[PDB]
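Shown next, in structure tokens, is the structure this report addresses.
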Amino acid sequence: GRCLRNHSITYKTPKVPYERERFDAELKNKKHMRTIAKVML
Amino acid sequence: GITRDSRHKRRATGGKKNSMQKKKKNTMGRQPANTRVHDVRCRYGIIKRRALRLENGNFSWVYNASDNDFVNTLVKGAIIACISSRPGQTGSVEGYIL
Amino acid sequence: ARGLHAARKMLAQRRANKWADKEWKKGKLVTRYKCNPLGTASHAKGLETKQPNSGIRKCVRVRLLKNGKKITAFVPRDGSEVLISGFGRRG
Amino acid sequence: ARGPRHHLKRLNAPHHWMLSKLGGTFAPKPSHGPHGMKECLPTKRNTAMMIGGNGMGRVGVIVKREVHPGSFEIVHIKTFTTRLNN
RNA sequence: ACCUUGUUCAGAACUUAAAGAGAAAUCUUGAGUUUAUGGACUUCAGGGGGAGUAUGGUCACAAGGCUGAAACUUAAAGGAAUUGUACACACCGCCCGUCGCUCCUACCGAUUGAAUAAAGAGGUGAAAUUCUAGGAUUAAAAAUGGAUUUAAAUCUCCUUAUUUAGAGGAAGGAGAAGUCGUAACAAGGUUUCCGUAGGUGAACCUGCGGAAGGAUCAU
RNA sequence: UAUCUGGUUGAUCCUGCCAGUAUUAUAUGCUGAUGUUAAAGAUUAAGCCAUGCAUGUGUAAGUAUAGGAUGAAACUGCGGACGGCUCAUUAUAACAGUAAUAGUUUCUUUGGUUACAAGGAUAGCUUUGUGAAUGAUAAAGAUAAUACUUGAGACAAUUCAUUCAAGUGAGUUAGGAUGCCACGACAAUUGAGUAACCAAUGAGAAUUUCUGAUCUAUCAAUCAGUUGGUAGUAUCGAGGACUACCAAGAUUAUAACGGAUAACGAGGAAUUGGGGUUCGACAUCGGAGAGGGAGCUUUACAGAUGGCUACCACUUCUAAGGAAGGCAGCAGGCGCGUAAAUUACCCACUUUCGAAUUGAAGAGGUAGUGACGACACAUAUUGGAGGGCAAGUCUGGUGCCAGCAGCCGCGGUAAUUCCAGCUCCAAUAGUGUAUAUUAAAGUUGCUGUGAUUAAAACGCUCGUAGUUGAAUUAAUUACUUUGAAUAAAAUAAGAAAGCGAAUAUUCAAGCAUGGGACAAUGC
RNA sequence: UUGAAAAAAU
RNA sequence: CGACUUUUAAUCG
Ligand SMILES: NC[C@@H]1O[C@H](O[C@H]2[C@@H](O)[C@H](O[C@@H]3[C@@H](O)[C@H](N)C[C@H](N)[C@H]3O[C@H]3O[C@H](CO)[C@@H](O)[C@H](O)[C@H]3N)O[C@@H]2CO)[C@H](N)[C@@H](O)[C@@H]1O
């Protein structure tokens, strides 16, 4: 390890870079519990 | 000098061990001062009475089982009576009449 | 083998068959330290086309500081110690 | 180590001392005495008291005491189980 | 007994399939019961070349067999189908091998080819210690001598990795239009291919024996 | 998000790979308004080091004419064996978990027990000096001790031989008794200090039990102190650890012995539908090292190297006779390389050491550089416009040339791909490029692949090891269920952050337990 | 009975 | 040098 202080990522870029059905829907900039529900169901 | 660790011996299969460190003081060995009385500062500060040579001896009521060559070194179990103390460690010869 | 106690063969079988892998083997045997001009490094400081395409590719020959081997290097753009870093395809 | 250790690290300190992980690089080393390093402090962890394992902080009365000559012996308390030393 | 019928096994096959499987050709006594994925076990394969080549090991009298890489090179190579077809610019097609010309890569290497860095046995051996002798000095105790122990450092043969090497070389690979032939794809004009042996500028040719992936499922 | 798309053909369906994609961490190209957090000479050279600091310490209670408390120096005491750095070693070695020490054990701390004072010398003090000088040393004259001794107020534990003998699963065991040896006190101390022993601290240190590691047969046989036995030695202590005698034994296809690593191991990290693959020098635990070996000193602990000694290899001062040193501590210089910051301040946090509440600490904190990264957040760049893949069938030149293109390919004078100009496309203070890890990859297959023709069933049979082995019955092991026990950090969990979660892990082993259907071992 | 060949890319 | 061809490659003077 390198540091005692924790850190996290607050987003994840999509797998497919260019898809029209996503460019329109998403359009300042373009910058969990479902599975938690899943595991108990 | 003399070490007593098993880092230089082989394995039960005959393998040669490979060095990963150097000699450490906790494996100290010492030159056997044959009792044909000094003191040695052992670990933890205790003292060992190293009897270099000695002739008198307490006993209670010609042959060495280990090495015939020793026949006049004084060691435990030697016949002279049979010595029962460790003269090289305790610093005196204590034996019993056969 | 499929039985419950035959974990020795399938472990052994897989180890043998991995060596057939061109990509996997290249990363384990000793050529990335003696045959790769770049070694394992990214960049390296140093000092006519195929049939259906005609023209001339301007290129350069470079002797590496560390290894000393001579390699052919392209020039990036139109009309274009040197740092060389591979191409699109790896190796 | 050439000799007995003197310093103590914050992380290596016992859990129940409740020391934070960012307060300071070191933690106070308990001196030798009547209580051990991990059994002292320089249910959140006859009728008896649990000082050891998972039952630490629990009070109650013993029902029976299985004994195994091999390794240890077990105490059952009104019910939870734990070794004698706890 | 031999022939004609039934019944139940073992064996070599064959016919049909609207079914099952497959990329299809086809398979059906499996190539079925496989994404609805697991009956038991052994062996082999991982794009095409370089290559069954180099090195090393081993077997044979030898030819050779068995085990067997890497460097480097390249976007395809290949399968089954839309009388045979490797053709689709469609035979005025495609394609093979030697040679000629540049460049690159590994291999060998008369030049006792070396050279360097790391591992065991034998010889020399510092120093410090254990013991011993000595006791200048003021029982203690320093120089010093001697014998053990532990042994650095060095020399001699031998065991792993990294490097320099020219006659002497010998292979492979890449680059539109360079030579000689017609080897292969149609019966490719001598059907083709495999093993082996011999000959030959080159594809290759011929002998012995197989195979159809044959141009014959057939008298 | 359990996901694919371009490319072999005139066209089709495959095998199969290349390419495309996302991500993690390294470098790097262009560009940059803030606030918070934060990596940072490891890879290449455990290569070489200029310079400065990193370990010293004083209370009423040791010694002080340098007697009021105070009081520098010096003697004496304690520590520098912790801390900090690095990962060169190392392949059952170290390490992790578990078990033992009825086979050892101090230091500190804590609890308990057991002669109205004697004797001398020594530094600082003063004096003489010496050589260039080291943390340089020589002479002489004094003076103290909680320095060094003797000495008494009166035992404690070691060795030996014999004997009586109660905890523990288990002891001729703790312990008592007999005779002997050894050692021998509770400072002849100071305004608190001390010796011997017992216990704890101690689950600790150290040895040791069981299980567990990457690739390799172009490593198949290996070992002679080797394997065991006796007796001694040596050790803090078990033991071939060693010596003498005796024996022929130990390991191996369930991979021994040997070889490679760009190998310190673990807690962990990256990525994952499940399963897995790769990394872990680097916060914390353990190990090892201080240029290379080796030999030692002091102590309670060192085979110490900011201690010594010798050799090898270097570095430095020199008045030329001599002299010291070990940055893989903090800064910093070179060399190396693609690849890594200040020759800053202070003990104020945390903690440690000290004769101690004060002193010291390049541990530690603060400040500096710092698009490594992460979180929030102004208003401008990066690449691209044929397809994959979102975006122009706009205008000028170039003419298979220059060039672009990760792949398909575009360019041979009318280019949707070149060089320009305009416009819009994705993201945005970020975005290109190269390399490598993972997913894609059901292209490594336990879940899960294929083997007629695409790569791939040994020419065939026998056969050892291995694996797999029909039905049937009213001691272990495997299996299975529960517990015990189980460092933190981290993971998940009760703006990134931070701080009491039952917080659950965390497997491989090991312990206890209910069960005996499917199994293996002999009876 | 003989019967060889067709420069590179669109 | 030109001629040739969609370009080239050669060829022909
Ligand atoms: N690939 C290695 C071997 O090459 C052999 O032969 C090689 C050459 O001898 C052969 O040469 C051909 C020639 O056949 C044909 N008749 C003429 C053609 N110009 C040559 O071509 C070759 O050489 C020229 C030289 O300028 C290069 O520019 C060209 O790129 C290259 N292919 O082309 C091959 C590639 O260099 C066998 N043809 C081949 O089967 C084998 O694989």
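Chain identifiers are assigned alphabetically (A, B, ...) following the order of the sequence lines, protein sequences preceding nucleic acid strands; residue numbering begins at 1 within each chain. Lab note: partial entry displayed, contacts enumerated inside displayed portion only. Worth knowing before you read on, the calculation uses all heavy atoms, side chains too, and leaves out hydrogens, waters and symmetry mates. Counting starts at 1 for both ligands and their atoms, in listed order.
The drug candidate or drug found at ligand 1 is named paromomycin.
The chain forming the most contacts with paromomycin in this entry appears in the PDB entry as 17S rRNA. Other chains reaching under 4.0 Å from paromomycin with at least one heavy atom: E.
The organism reported in the entry as the source of RNA chain E is Entamoeba histolytica HM-1:IMSS. With a non-hydrogen cut-off of 4.0 Å, the residues around paromomycin amount to E:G97, E:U98, E:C99, E:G100, E:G173, E:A174, E:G175, E:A176, E:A177, E:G178, E:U179.
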